[PDB]
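Every chain is numbered from 1, with letters handed out A, B, ... down the list of sequences. Atoms within each ligand, like the ligands themselves, are counted from 1 in listed order.
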Amino acid sequence: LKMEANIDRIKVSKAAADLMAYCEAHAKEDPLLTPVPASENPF
Amino acid sequence: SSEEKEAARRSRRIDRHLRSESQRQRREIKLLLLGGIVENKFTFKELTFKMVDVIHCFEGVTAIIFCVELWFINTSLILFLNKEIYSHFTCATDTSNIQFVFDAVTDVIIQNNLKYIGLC
Amino acid sequence: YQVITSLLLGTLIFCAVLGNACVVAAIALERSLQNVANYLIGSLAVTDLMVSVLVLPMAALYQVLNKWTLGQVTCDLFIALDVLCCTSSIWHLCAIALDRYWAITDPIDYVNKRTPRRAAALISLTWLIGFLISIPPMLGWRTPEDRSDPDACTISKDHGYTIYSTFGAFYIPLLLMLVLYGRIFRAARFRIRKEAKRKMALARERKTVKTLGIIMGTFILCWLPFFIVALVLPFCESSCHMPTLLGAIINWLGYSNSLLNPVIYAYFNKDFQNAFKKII
Amino acid sequence: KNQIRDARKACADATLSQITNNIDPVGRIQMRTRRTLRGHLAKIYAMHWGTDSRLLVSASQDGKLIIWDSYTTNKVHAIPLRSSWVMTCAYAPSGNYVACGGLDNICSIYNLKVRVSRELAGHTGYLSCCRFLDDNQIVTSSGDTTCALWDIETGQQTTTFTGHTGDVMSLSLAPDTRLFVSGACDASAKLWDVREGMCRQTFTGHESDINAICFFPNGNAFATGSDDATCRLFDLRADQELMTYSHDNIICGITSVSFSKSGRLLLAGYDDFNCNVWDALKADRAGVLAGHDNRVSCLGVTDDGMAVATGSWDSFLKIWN
Ligand SMILES: C/C=C\C/C=C\C/C=C/C/C=C/CCCC(=O)O[C@H](COC(=O)CCCCCCCCCCCCC)COP(=O)(O)O[C@H]1[C@H](O)[C@@H](O)[C@H](OP(=O)(O)O)[C@@H](O)[C@H]1O
Ligand SMILES: CC(C)CCC[C@@H](C)[C@H]1CC[C@H]2[C@@H]3CC=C4C[C@@H](O)CC[C@]4(C)[C@H]3CC[C@]12C
Ligand SMILES: CC(C)CCC[C@@H](C)[C@H]1CC[C@H]2[C@@H]3CC=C4C[C@@H](O)CC[C@]4(C)[C@H]3CC[C@]12C
Ligand SMILES: CC(C)CCC[C@@H](C)[C@H]1CC[C@H]2[C@@H]3CC=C4C[C@@H](O)CC[C@]4(C)[C@H]3CC[C@]12C
Ligand SMILES: CC(C)CCC[C@@H](C)[C@H]1CC[C@H]2[C@@H]3CC=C4C[C@@H](O)CC[C@]4(C)[C@H]3CC[C@]12C
Ligand SMILES: O=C1CC2(CCCC2)CC(=O)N1CCCCN1CCN(c2ncccn2)CC1
């Protein structure tokens with residue numbers, strides 16, 4: 001219990017900023033998010 | 001396309017083996033003694049019985065044998081005394097125990113077929 | 001009044017070609033309806049579809065115009081087609097009953113040896129018995145161009161062909177179905193029989209007088225009137241004049257079994273009523 | 001324990017939903033069944049994808065572990081299983097091993113490039129999930145409230161991750177393969193490091209037993225599905241809950257949760273024979289993957305994010321793209 005409380009915690013604001021940063025930077029290469037052409041579709 | 005044809009041949013043989021296995025699995029009556037996991041199998045009067053001795057891993061079973069020392073709505077209970085319930089005071093002296101399980105399973109089959117036709 | 005008859009008979013030929021096609025479509029577009037039992041209720045639907053699309057449209061032209069306006073060969077194929085389709089329909093009702101019978105009496109056969117191949121064999125026997133009453137007696141006994149042209153589409157009133165067709169298409173099947181559904185009743189009544197319990201006894205031996213009454217009443221109230229007439233008149237040529245009105249109502253009552261079959265065997269049980277909902 | 005209670009409210013500042021009020025919606029995502037993998041004769045309880053995003057493996061109750069080539073719909077290999085009771089399957093990063101397990105308390109490894117090369121024993125309960133840590137180490141989670149790392153060379157529990165009071169039923173390995181998170185019956189999920197058997201962190205937000213979990217692609221967050229008819233996105237660094245994905249029309253439990261390649265879309269499987277797509281940033285239902293006849297048991301997203309495969313109790317796998 002004590003060591004779990006001992007860990008340092010970042011404020012939810014920077015976690016949100018990092019979660020947004022990772023999502024927007026990788027948005028263009030997600031075939032599910034951005035509908036991909038039938039020329040690429042391998043099925 | 002030679003490699004593609006070889007892979008298609010590999011698929012064909014696997015499908016044939018699976019078809020034989022399905023033919024052999026449809027004619028098996030699964031029961032559970034609910035009074036590691038244990039399994040037993042035996043044939044009695046041209047009817048193979050596959051009992052397991054031990055909640056959602058067991059769902060498509062035919063009956064639940066349950067002994068008493070003096071998905072459940074859609075499964076009958078063969079109550080032994082050492083949806084319809086079937087009771088038979090145990091008698092290890094003779095092999096009537098096995099005959100009861102046969103007469104019960106045979107009736108569960110007949111009644112399920114009298115409901116599909118819509119006569120019950 | 002040719003207009004009134006045309007739209008009445010037209011609606012009947014539409015409801016049949018739609019109802020029988022919806023049944024076969026559901027079997028194909030669902031995996032919950034793919035057992036040996038529904039393969040026989042799809043084959044019956046297909047046969048009624050063939051009746052409703054090939055025979056019925058050309059029987060309605062013959063009624064509204066009161067005369068065959070086509071070739072003599074056309075008349076021969078349509079008399080043959082009509083016999084074939086009707087006989088196969090009656091024997092399909094007798095195959096479904098033979099399968100239902102061996103579920104309630106032989107549980108071992110139901111489990112150890114009941115295959116979709118069984119459906120195929122029951123359907124093959126139904127169509128072999130159809131091509132025995134229709135196509136052997138036509139090819140072989142055909143008068144050499146000695147007939148009248150109009151109102152010429154009439155089944156022979158010969159005495160041998162009368163017994164052969166009537167007995168092999170209705171009287172032999174009817175007797176078998178009466179024996180088979182009699183035994184199914186006794187078996188059901190026994191199992192059901194063997195105050196709240198007495199309540200759900202009455203209410204299980206009174207949904208087994210309904211189902212069997214519906215089936216037998218549909219099959220007898222449709223075909224018996226027609227086969228009784230088809231058996232008595234050939235032998236009583238003099239002094240048994242048959243009025244047009246009644247003689248036409250009976251033929252169309254016989255034809256209406258094709259429309260009623262999907263309703264009795266398909267549109268009633270729950271498994272179809274559920275599949276149609278998922279699709280539509 | 002007193003400090004733990006205080007720190008949460010102290011660091012909970014602005015709700016992530018408040019921060020995402022500015023982000024624009026994803027619109028509507030419509031996915032269509034591209035292929036249909038058929039051949040299992042019984043209920044399929046699990047399916048894993050190969051790192052090549054082409055080969056996959058499925059485990060069913062007919063004692064069958066089938067390898068399928070998703071592109072050509074061809075059964076590469078059909079491996080029979082000793083037990084007909086099988087709850088988990090896996091597929092090595094290398095590609096030369098699969099691993100199964102179930103009611104029998106044994107994790108059975110099969111060498112691909114097919115015969116059992118090793119059986120791992122020691123757990124006193126049904127194996128719920130297993131994940132290949134690398135080509136030589138495997139992490140398993142069992143129904144006796146114990147997770148374990150296994151050396152395959154000898155065949156012993158190297159470490160044992162204990163502390164959960166309920167049957168651990170879901171297991172997710174981090175992208176860096178350094179930490180892993182486990183979800184159990186006690187409506188709690190615990191972070192563990194493979195290096196030392198010391199529970200790094202514990203998260204308690206759900207109301208019912210947790211059946212699914214999956215790491216966020218970043219590796220700093222995770223999502224948990226439970227029988228509480230809700231999903232929850234926690235954050236490792238924040239050490240608390242950030243968002244809740246639940247809709248009223250849904251009252252059944254979640255069997256599987258998966259992220260997209262960028263982690264924007266959160267696929268989720270349910271007992272209503274449907275799979276609801278959610279916006280991982282907006283808690284909004286972006287779509288439905290209806291079409292399975294029985295319950296959707298396991299769900300997977302390819303490593304390259306090209307397509308999503310769903311297995312179900314109806315003995316059929318569906319690839320959607
Ligand atoms: C005096 C005292 C007592 C006597 C008085 C009264 C009591 C009864 C008297 C006489 C009754 C006659 C007919 C009764 C019909 C009736 O009640 O039907 C029920 C209700 O269905 C609908 O409402 C739905 C029906 C939909 C029909 C199809 C509609 C579309 C037609 C056109 C199709 C083509 C265009 C779409 C359904 O059936 P059911 O309640 O009658 O009971 C059974 C039925 O008899 C079995 O045949 C059937 O088995 P199956 O052979 O496989 O079909 C069973 O599953 C079950 O349905
Ligand atoms: C009359 C001709 C020209 C048009 C076709 C009418 C057809 C579609 C109609 C006429 C009588 C109707 C039937 C009358 C009564 C019943 C009983 C009910 O419980 C179920 C529907 C059922 C069985 C109907 C089905 C549809 C039906 C057969
Ligand atoms: C599938 C359903 C809709 C039936 C389709 C065929 C129907 C529409 C056809 C079959 C035979 C046809 C009849 C044949 C002959 C005549 C005489 C002539 O004066 C035209 C009208 C009339 C009376 C036709 C009306 C339409 C008719 C009844
Ligand atoms: C072909 C068209 C014109 C007429 C069809 C008539 C049908 C619907 C009629 C004729 C005989 C009737 C049956 C006669 C007696 C009984 C027994 C009773 O306890 C329940 C209803 C039941 C089973 C009737 C159901 C409806 C029935 C089958
Ligand atoms: C519920 C189902 C079975 C009802 C079936 C009703 C059938 C038998 C009825 C409905 C309309 C009827 C037709 C209406 C009009 C005529 C014209 C008449 O000059 C001869 C009979 C004839 C051709 C009838 C034959 C019988 C008929 C086709
Ligand atoms: O209206 C017509 C026209 C046709 C030509 C096109 C199609 C019909 C010619 C025609 O006969 N009738 C009047 C119907 C008579 C009755 N139908 C029913 C089937 N019958 C039968 N089926 C099996 C065994 C014995 N008989 C006899 C024929």
Quick one: what's the drug at ligand 6 called?
buspirone
Which macromolecule here is the main partner of buspirone by heavy-atom contacts, as listed in UniProt?
5-hydroxytryptamine receptor 1A
Mind listing the other chains that have a non-hydrogen atom under 4.0 Å from buspirone?
C
How is the binding site of buspirone composed, by chain and residue number, at heavy atoms under 4.0 Å?
C:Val55, C:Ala59, C:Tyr62, C:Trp68, C:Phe78, C:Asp82, C:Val83, C:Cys86, C:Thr87, C:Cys153, C:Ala169, C:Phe226, C:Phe227, C:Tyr255
I'm comparing buspirone with the natural ligand. Which residues that UniProt lists as binding serotonin in chain C have a heavy atom under 4.0 Å from the drug?
C:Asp82, C:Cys86
Give the numbers, counted from the N terminus per UniProt, of the transmembrane segments of chain C with a heavy atom under 4.0 Å from buspirone.
2, 3, 5, 6, 7
